[PDB]
Structures are given as C-alpha cells and as structure tokens.
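Note on naming: letters A, B, ... go to the chains in the order of the sequence lines (proteins, then strands), and numbering restarts at 1 for each one. Indexing begins at 1, ligand by ligand and atom by atom, following the structure's order. Technique stated in the header: X-ray crystallography, 2.2 Å.
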Amino acid sequence: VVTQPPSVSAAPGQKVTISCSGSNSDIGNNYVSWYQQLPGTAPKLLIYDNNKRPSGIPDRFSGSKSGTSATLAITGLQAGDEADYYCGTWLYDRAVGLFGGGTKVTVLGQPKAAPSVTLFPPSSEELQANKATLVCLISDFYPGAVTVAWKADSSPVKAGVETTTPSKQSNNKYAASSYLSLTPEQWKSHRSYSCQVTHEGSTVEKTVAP
Amino acid sequence: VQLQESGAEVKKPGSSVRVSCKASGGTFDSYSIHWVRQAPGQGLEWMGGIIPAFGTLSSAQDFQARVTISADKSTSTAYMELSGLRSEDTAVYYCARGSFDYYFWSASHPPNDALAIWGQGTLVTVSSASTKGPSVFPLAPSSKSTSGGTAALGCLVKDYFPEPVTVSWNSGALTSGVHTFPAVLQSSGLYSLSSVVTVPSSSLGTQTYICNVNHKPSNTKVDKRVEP
Ligand SMILES: CCCSc1nc(N[C@@H]2C[C@H]2c2ccc(F)c(F)c2)c2nnn([C@@H]3C[C@H](OCCO)[C@@H](O)[C@H]3O)c2n1
C-alpha cells in the first residue's frame, strides 16, 4: 500500500503539500502521476512523469519525487482546489497499477453562510395516488451541519421524517434535504406543516398548508 | 476525446457484470485502456489494463481470477467483466485512456504513460433487491417558493432502486440555477431525490418547464411538465 495523509488543510492563497509514501518496488523504481477528483466528478490528470503537466493544467500545481516518496504541491490555494487528490503509479516490471489512499484538501477560513430553505407541499398528482410528501430543500450553508425538525401545525412530528447527511456543492457550500411522509388524510387534518432548519444557533422556518 | 461507458445496473450476488467502454470522437489507436473502481466514499482502485492494439492485458492480484479484460479493435469498445459479484463489489467502475502511443514503445525504456482521459463511471450496485423505476411528481412554483424576482420550481423523483438518477431541464437547454439534490434512502430500501430550478418569476405563465429524469438501471426516462 502507498500511504497518503487522509486530510490536508491551509488558508486561501498559501501553499499545501500532498505526500505519497511507498517502497522501492512501487514509487521508488517507477513514475508517479497525480489525480484530482472534485465531488461528483470523474478523476482528472494533474501531473504526469513525476513533474510534467498536461495542457490546461495551471502552473500552481507541481510534482516531485525522492526515492520511495512523491509530493504534490499547491501554491495560491484557491476555493476551487477543494478536492480529493490521488497519487498513482505503474509497476513497469509486474505490469500493475497502484493508487495511494488519497488526500482531501480543505481550505480554511471559509465564511459562515445561512441556509436557503424551500418547502414544497404534496403535488395533487401525488395526493391522487393516496400518498403525500413534504419536500424541504436546504442549500448554500456553511459549515456543513444543520439540524431539521418538523412540526404539524405547532406540534413536533418525529415519525415519517427522512433527512440526508449534508453534501458538498460545487460552490464549496453545503446542501441537505428532509422529507416528511404523510397520508393525504393527515396532511388535510392539520392546518399547516413546518420544516425548521437550525444552523449556528439560528433557525430558518418554512410553512405549507392544504 | 470521450469514453462512453454502459449504464448503471443492479446485479444479484454471485452474478457477473460486463461494463462497456466506447471511445467517441477518437479511437483506441495504440493507447492503453484501464479499469479503475471506486466504492462509495472510498479511494480509487486499479483493476486491470489492456493495450487494444496488441491484445496484451493485465489485472490486479485481487481480481486476476474474477476479471476478464477484453477489447474490440474496430469497433473501439473495451470490456471489463467481473464475476462472483458480492456486496463489496458495489462501486463506480471507471474506464480510462492512457496518453502514451505504444507504437513508439521500446520495452527497455518504461513509458511516461498516465490516465489522461476518463469515462464518467458506471455505478454497479450488487444487491439481491430488485430494480424499481421512479415515480416523478411536479413541484409547482407558488408565492411560497418565490423570491422576488426569482422563483423556485422542481421535480420529485420518488421510490427508485438502485442509484443513480440524473435530472436535466428543458432537454439540457436550461442549466442556470439548476440544483439537483443528492437522494435520501428510505427504510423501505428505496431512494428519493429532488431537482429544483430558480427561474425569473415573470416567465411562469409564458415558459414551459420540463424536468428530464433518467433512471438508467430501469431504462426509464420521465419528461415531467411543471406548470403553475
Ligand atoms: C499489459 C498492461 C497494458 S496497460 C499499460 N499501462 C501502462 N501505463 C499505465 C497508464 C499508467 C498508469 C499510471 C498511474 C496509475 F495509477 C495507473 F493505474 C496507470 C504501461 N506502462 N508500461 N506498460 C508496459 C507495456 C507492457 O505490456 C505490453 C506487452 O505485454 C507491460 O510490460 C507494461 O508494464 C504499460 N501497460
């Protein structure tokens, strides 16, 4: 196994360094290449031939090798560099490929962001199939942690609630969604339903009525 | 220029999968083709490689007896078949094309080959749970979804298995303000997700909005009209 540090962090504009630790049979005797994987994207070639760069790759990314150990370096660390980075080798003798564990790059000092909340009531077409779903969509929040509580009128509803884990968006902000499953009867029985989203001690609440 | 992979699928434990890798806007020529897998939330794992021009292949020790790596010269399609599938074989299967032209290769000189071009990946889900197409419901814009100015409208993609589901709007012409949210997994074992689009409030009576929901494991496409 080729070892990489699991996490690496620095503020915007400074230098970060990703290590790739191996042995003589893997990194030692062969060429190391570097790969970038943004969340939800396929990996992308950053560095080939220990230090060379393909067309389109900015000069802020550089590579180095010293025996059994290789290193990727990022200078002028931007917001758009927040990704997963892998070192990869080809064992020429054995004809086998090997990737390091991967390193997550987190950019420090990102500003706090209040969540944007949209709540949708059941569609009449969904109600006609004798089922109801309330859709609470949460986006553009930072840090990536929210608490969701649902209410029927003003009473707490715990049953029939499914919330996702927060997910990272393309703008380095986070998103999550919560769903409240009801019967058309329960939906009509109450005068309103609320989705309450708490983040950094402050709550953003949305309401829907039949 | 691109590597077009076969669609996502559920596969029963003990069964075998064959993932296709079709080159579009370019042919295999004398470049290498590699299969790399990624289990959800995990690292990249090299499985095997082939130089289609030679028919010469190799596979990782951990896959040697279960992987069959092949390639068709003309057409330019490469295949990876993995047998005795297990729950731990659930992963996104990528195919990638090397930068080096092996016509110029001298075996006494290792080449500076690297994974230059990648496919989008096909998520193979190994499960004994059977496939289910989604139920798509419109999420109508109202005064409770309006912010000026702009207005949020969407689609609800309910009860599907397995992942993934892709959503585009207006056949790909509407890309600005589109936010497709990651799916929730219900206790039923079925997933649901939502796709929203933030549009100008003034165009709600004049512009047609259709979300295009793709569920490749069930070969379903729902083009759902979102009206006010
Ligand atoms: C038999 C396997 C053919 S595929 C192949 N690929 C080579 N380079 C791989 C792309 C680069 C790579 C980099 C980083 C990674 F993480 C990764 F997974 C892959 C490659 N380089 N040399 N060779 C020779 C050719 C020869 O096979 C042909 C005759 O049998 C064999 O000696 C390989 O070691 C490569 N083959």
Inset, instruction - Report the name of the drug found at chains A and B, as recorded in the PDB. - result: MEDI2452
Legend entry - Drug identity at ligand 1: ticagrelor
Inset, instruction - State what the entry calls chain A. - result: medi2452 light chain
Legend entry - Name of chain B per PDB: medi2452 heavy chain
